[PDB]
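Notes to accompany the following structure.
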Amino acid sequence: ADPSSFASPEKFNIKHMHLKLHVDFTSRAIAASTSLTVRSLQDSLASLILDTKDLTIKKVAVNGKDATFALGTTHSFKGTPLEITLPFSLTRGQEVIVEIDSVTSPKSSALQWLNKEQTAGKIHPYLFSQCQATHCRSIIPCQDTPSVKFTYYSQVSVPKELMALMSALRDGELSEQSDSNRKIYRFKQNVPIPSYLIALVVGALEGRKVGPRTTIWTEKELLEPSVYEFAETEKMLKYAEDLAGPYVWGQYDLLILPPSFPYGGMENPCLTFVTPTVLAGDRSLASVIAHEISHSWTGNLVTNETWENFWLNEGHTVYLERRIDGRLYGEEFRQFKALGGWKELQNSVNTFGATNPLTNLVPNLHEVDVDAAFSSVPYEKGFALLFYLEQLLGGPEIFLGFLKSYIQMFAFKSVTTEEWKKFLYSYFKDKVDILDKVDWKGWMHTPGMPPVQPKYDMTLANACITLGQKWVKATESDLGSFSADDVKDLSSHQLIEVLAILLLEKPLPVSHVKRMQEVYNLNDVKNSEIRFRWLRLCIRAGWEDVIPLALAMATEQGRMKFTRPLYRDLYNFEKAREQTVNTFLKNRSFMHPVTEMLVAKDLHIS
Amino acid sequence: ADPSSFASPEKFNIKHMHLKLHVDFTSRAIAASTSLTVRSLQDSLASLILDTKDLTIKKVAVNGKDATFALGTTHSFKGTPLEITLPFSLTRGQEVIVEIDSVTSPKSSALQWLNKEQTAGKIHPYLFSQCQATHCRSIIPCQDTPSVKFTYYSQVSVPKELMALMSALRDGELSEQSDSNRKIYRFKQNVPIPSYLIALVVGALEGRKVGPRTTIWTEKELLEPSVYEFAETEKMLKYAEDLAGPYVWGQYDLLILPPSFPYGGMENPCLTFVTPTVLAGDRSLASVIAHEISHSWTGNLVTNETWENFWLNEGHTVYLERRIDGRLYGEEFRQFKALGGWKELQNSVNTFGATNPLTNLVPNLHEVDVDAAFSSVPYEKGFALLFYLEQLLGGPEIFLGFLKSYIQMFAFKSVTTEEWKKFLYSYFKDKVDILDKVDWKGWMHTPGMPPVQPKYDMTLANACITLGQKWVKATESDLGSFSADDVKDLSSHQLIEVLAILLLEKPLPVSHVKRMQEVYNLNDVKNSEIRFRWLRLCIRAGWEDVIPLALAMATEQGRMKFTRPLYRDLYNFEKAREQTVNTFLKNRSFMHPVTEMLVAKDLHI
Ligand SMILES: CC(C)C[C@H](NC(=O)[C@@H](O)[C@H](N)Cc1ccccc1)C(=O)O
Ligand SMILES: CC(C)C[C@H](NC(=O)[C@@H](O)[C@H](N)Cc1ccccc1)C(=O)O
Ligand SMILES: [Zn+2]
Ligand SMILES: [Zn+2]
């Protein structure tokens, strides 16, 4: 039983969904007629509990009659439970069809409605979804737990001048005989997926082929720079297939969303959603594609049972991503991204607290808001464990054999940390003595930094550690020693690392960040990862000059990784506090509901 | 798609089955309440066509409605179709639940109902099923085509001491309400399987653990020798996993059937069905386990689209089985089983005809009875192609990489030979130049022997070909030269090969088969593969003394590989013809329906 869901996967399972979605831009609504194939797992089951959040349920019908439904008490973040009385108690594992007519709220946490004024084309509105982790319940009533994987078919009614796309293969266009002003797009998803992987985009979209199974989709204005930035998608997909095995999803498309998309990348099956903030014109932030590609195996094919087991998803994907980086830029770069991961984990454990139970690899999420619980811990502590196991068991070639068999063993299924450990011991049966050496309790259920640190190559990192130390130990007299030469021989990833280590230490004087701008000219760097860290460093320093720059980056884009900390730091900055609160209220209606709720709680607004 | 089915896989797909099976031994029938989850593949579906054979359909209910159903024009072997005309036109990608109440006929081709006198001693009755290829129709209404793969859950009502087992994981024991002369044994199969892979056994069964995921099931009397004969099941399962990848079915159990089981092995998921005829007490015929284990990948996990594509299932499984035997007994033994395979193919081509289109690797089965079309061609011409490709593309290590990616590529799906050839060319993109050199037309759609013969190691075979040649070229004066020395140091597989050689050669004189008995004493060999060939050779020779021995083996065991040729040869033997016809008329009621029917074609009737 998932603590983030109201549904019981041990009682029943959704095996298939037929979705009739009516998209209305005037109402900002999605009226859904969902037909759910329910399989009973318990004998003589009388009730059916599904997850809903700000959803209006019109009617429920089980085998054509009308079933008695009842909504429970609305939880603080989990939403409202919906109970359905079945006409007959069934005989497990018996299957039945439950038809539900619902409608979303315009405030739906999963969706973002943009007027033409907000969009790039300025003629048409835009809609896009973000269901991960628990927002699918804000669109349709479901077992919104990654433990339940289902196949789906959908029909989407939209204004005829607009394009619609889903996390499925396109299955043709249909004419809406009732409304001539409308078109019906159809989609097929024959591979079982969890609810968080359901996605929908409706807008003025244009797409062009960039590979035998890759079309890049976005608004005309962003199309030309998106094809250059993500030209090597097929190469990345092929490199991943060599490592993980065959691609079972048929198609790998990309969609570049408006700047309000709350993440950098989203692995929606058949259609990866990407932020325009990675468009740096040099493909330095394009590892986001190799990461999303790798989810096609670790996450989408083999899913985490609950969000407590989220590291199985992100830790293995980060491992696969860094192996693709290995065959690309070299083993020295792979080792550097591994070491940079440790620092991001160190950066996340301090933000949450070295003692916070949320920093456990397998955390307790009972009565915990998953969106407010998001961190680099499942990513980097999860990766560190797999990279430490790799060194312990004989190298990358030997560890890849395990990962391949693991993907094959649990393909199309959901997995717990216990199943993963049982499989790890089953595979390394002759090396079981080396497995019994690892401190499993320290790795799985202990807050803070991991018990043991893996052996890393320090070739690329040495220059980053040195520069950072020089800056934190510099006085006003040493400021003159710093020059352009310090960052001139460094790559973008090397510049990210030195800034990250400066952010991890005590706040720098106003004179030092002024000296940084003087010799490094970090104010004109377009690279999002560098700029965000540079602005955050200046705010903590107490530099008043950076307030209009930090406010600019926090409002011109809506990626939570960047927007949420910039707003928090700006609020804790006394001189800026007034303007930042007033900047947020003036932009509150034009931002994503998840980003908004999280930024409003931080500012003590709500 | 399948010319053997009346169902349309392009129109709708069965995704799940909930089976409520009532088994009654007094009536010898299975009353089934099947709940089918139907997924529409067409935009506006009005009708639902399913396969049935000697089935009685009581009522059909679609989401709680008294649905109207009609049967079309009856077929000679495919069966009479069942049309369910839907009240409302289903849409593309929509799922519905179709409840059907049926009952089998006691003559059901899929089942065998053997009396308390036919079982071990005189304790309790026994029931066992055999679905492959098209007999699942004879139990439940379904899309009886391997192109449709579905998950299932079943509840079966059986007597207390008569334990029930299915091709699924056990999901606990339970009790019944009315008509209390039964007990519920429930099962769950969460891996999609084709209709030919559903299985059921009900009898006085006992089990014993021989491995973490293996328990041998048999009658107490056959239990002790079954655990010795199949002690190395886990070792074989592990050796297979090293070759094919992870075992996804959770458990691998074995069940040893009464001698009436029509085959040697049946790969039913989680519960392999094995003949008691392989119990030779030396594990010399235990490669049958390595073969059914291999089907867990090529067959169960990756299924043949139709029975025209049956070589993808049996050819790849024969290849995997011989890779396991090569690891247990060495590369020399592997090469010898391959060479012995070529000899088994030439025996089938000899029987069906060198020109018979049924001897094509991918045959046309339009208006063809699949049970009457069974041969070693999909097995051996299939294996030979894969073994010839192996030698052409760089060895076993390189060819195994292909097989591994092939299994992963098509896991949980059905495959055509066109998909297989497209995958072979994508995998060996580097060797398309050597691939375009193979005679694909000669290999896929030409009757008789394959176009090219693979290179074999002759170390173990040399002694077999020599002895056979000596026997066919011996005169009355040479008979004295033969001694025990000729066979006594040959292995059982070496003795099988020399007999197989002799059976393809011209009928031997009565004096020669009499001398064989004198120096080799082949009349007291218990090994089934040796005995069957020895008896067939003697019938071929016209030796009257072997008539009561051939009749004995043909009636004490019902494995079609042995029983069917022994009966055919005995009928074509003028002196025996009368007694053999009268011997089957006295055993007619005690045989399997698939075995008992094929005598109307062989013994003429
Ligand atoms: C590793 C990075 C390059 C990409 C990273 N994205 C991810 O890890 C995604 O695939 C995750 N799906 C992001 C996510 C996590 C939890 C809830 C909602 C969304 C991001 O920063 O957006
Ligand atoms: C090849 C041998 C090791 C065993 C052989 N059995 C098989 O090949 C099984 O896998 C077959 N699946 C048996 C079969 C074939 C066709 C129709 C119904 C049943 C047999 O002779 O019974
Ligand atoms: Zn990710
Ligand atoms: Zn077989």
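Chains are lettered A, B, ... in the order of the sequence lines. By the numbers in the PDB entry, the shown part of chain A spans 2-607. We number chain B the way the PDB entry does; in order, the residues shown are 2-606. Read the numbers this way: they start at 1 and go in the same order the structure lists the ligands and their atoms. Just the heavy atoms: all of them, side chains too, but no hydrogens, waters or symmetry mates, feed the values below.
The chain in largest contact with ligand 1 bears the name, in UniProt, of Leukotriene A-4 hydrolase. Selecting from clozapine, Bestatin, rolipram, pregnanolone, the compound at ligand 1 turns out to be Bestatin. Counting only heavy atoms under 4.0 Å, the other chains near Bestatin (ligand 1) are A. Near A:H296, with a cut-off below 4.0 Å to any heavy atom, the atoms of Bestatin (ligand 1) are 10 (O). Taking distance alone, with nitrogen or oxygen atoms compared against 3.5 Å, A:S288 stays at or beyond that limit from Bestatin (ligand 1). Ranked by closest heavy atom to atom 11 (C) of Bestatin (ligand 1), the top entry among A:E315, A:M267, A:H292, A:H136 is A:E315.
Here the protein heavy atom with the shortest distance to atom 17 (C) of Bestatin (ligand 1) is A:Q133 CG, 3.6 Å.
Closest protein heavy atom to atom 4 (C) of Bestatin (ligand 1): A:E293 OE2, 3.6 Å. Less than 4.0 Å from Bestatin (ligand 1) sit the following other ligands and ions: ligand 3 (zinc ion). Counting only non-hydrogen atoms, the residues of chain A annotated by UniProt as Zn(2+)-binding that lie closer than 4.0 Å to Bestatin (ligand 1) amount to A:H292, A:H296, A:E315. Here the protein heavy atom with the shortest distance to atom 22 (O) of Bestatin (ligand 1) is A:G265 N, 2.7 Å. In chain A, UniProt peptide-binding residues less than 4.0 Å from Bestatin (ligand 1) by heavy-atom distance: A:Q131, A:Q133, A:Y264, A:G265, A:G266, A:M267, A:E268, A:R560.
Of all protein heavy atoms, the one lying nearest to atom 21 (O) of Bestatin (ligand 1) is A:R560 NH2, 3.0 Å. By chain and number, the binding site of Bestatin (ligand 1) (heavy atoms under 4.0 Å) reads A:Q131, A:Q133, A:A134, A:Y264, A:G265, A:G266, A:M267, A:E268, A:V289, A:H292, A:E293, A:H296, A:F311, A:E315, A:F375, A:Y380, A:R560.
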